[PDB]
Amino acid sequence: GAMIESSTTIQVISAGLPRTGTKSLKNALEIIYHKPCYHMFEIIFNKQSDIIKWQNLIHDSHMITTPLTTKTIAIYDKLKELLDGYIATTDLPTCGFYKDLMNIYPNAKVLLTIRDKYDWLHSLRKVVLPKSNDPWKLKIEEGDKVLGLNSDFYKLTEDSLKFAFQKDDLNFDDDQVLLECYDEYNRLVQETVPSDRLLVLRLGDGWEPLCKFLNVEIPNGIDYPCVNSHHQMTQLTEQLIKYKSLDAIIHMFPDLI
Ligand SMILES: Nc1ncnc2c1ncn2[C@@H]1O[C@H](COP(=O)(O)O)[C@@H](OP(=O)(O)O)[C@H]1O
Ligand SMILES: CCN(CC)CCNc1ccc(CO)c2sc3ccccc3c(=O)c12
């Protein structure tokens, strides 16, 4: 196809929860658009200084009104500022703001990444939210310290998930609670977003439906990304602990990071 000059603004809002292929999707959008896509990894590796800013936004987000009041404009401006220079959003903490992002970026299209709820839960427990008594939790915390992630990071991740599920009293150790929130969250996205503006991507769907939805060619000779498996994250955590730095090992994780 012909090459056209794309605007550096949010063009794709992905409402999918972590462990549904968000990092692969982030990489896929960057291959298409040649500009950055937001993700929790963007905070971890490039934008740790914005942790407090995401926290402040969540703190004020209860004051959002779905016309537009004056308090919502202030919140919307901080969201737009946080995303300046990016062409898409995926993952926490952005995903729970999908409805507000649709208002801020009226010409952006919306994606929902989904998968089997039990596969999701098991992936979540291995990587990002182990049960409190799971010994692997202590390894995650040790690797996090190597990356410079402290208590404010843990607050932001939890608070952003509570915001996405619209539930402050969240028993993170309760599998049935989490599964119920996952199903209700995905149902609400599909009920909320007009179907002309939504594409639901199940894990493994690949380039095709995404590229058709976005009116772009499939990137020639590039396989759709497959990164961030729970096995690969376990290796990343163990390698961070072993070497005590990211830069000692980053060349071993060329696409994940
Ligand atoms: N192209 C692809 N095909 C199949 N699964 C994929 C994929 N890209 C990512 N995944 C899976 O999506 C999960 C990562 O999601 P996220 O990046 O949102 O955390 C991992 O699940 P598992 O932990 O079950 O392996 C990973 O294996
Ligand atoms: C050594 C491993 N370290 C660094 C890589 C894990 C860093 N942690 C996270 C990474 C990515 C994501 C979402 O992509 C989440 S989401 C979430 C949601 C609720 C609670 C915690 C988390 C969470 O801790 C996390």
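Along the sequence shown, residues carry numbers from 1. Counting starts at 1 for both ligands and their atoms, in listed order. According to its header, the structure was obtained by X-ray crystallography, 1.5 Å. Both backbone and side-chain heavy atoms feed into the values below; hydrogens, waters and symmetry mates do not.
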**Prompt:** Which macromolecule is the chief neighbour of ligand 2 by contact count, per the PDB entry?
**Reply:** Sulfotransferase
**Item:** Drug choice at ligand 2 - hycanthone, cyclothiazide, resminostat
**Value:** hycanthone
**Request:** Specify the source organism of chain A, per the PDB record.
**Result:** Schistosoma mansoni
**Prompt:** Using a heavy-atom cut-off of under 4.0 Å, does the side chain or the backbone of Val128 touch hycanthone (ligand 2), or both, or neither?
**Reply:** both
**Request:** Report yes or no: does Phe153 have a heavy atom closer than 4.0 Å to hycanthone (ligand 2)?
**Result:** yes
**Asked** Short list, please: which atoms of hycanthone (ligand 2) are under 4.0 Å from a heavy atom of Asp91?
**Response** 13 (C), 14 (O)
**Request:** Assess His39 for proximity to hycanthone (ligand 2): is some non-hydrogen atom of it under 4.0 Å away?
**Result:** yes
**Request:** Go through hycanthone (ligand 2) atom by atom and flag the ones less than 4.0 Å from a non-hydrogen atom of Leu92.
**Result:** 16 (S), 18 (C)
**Request:** With heavy atoms only and a cut-off of under 4.0 Å, state how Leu147 meets hycanthone (ligand 2): side chain, backbone, both or neither.
**Result:** side chain
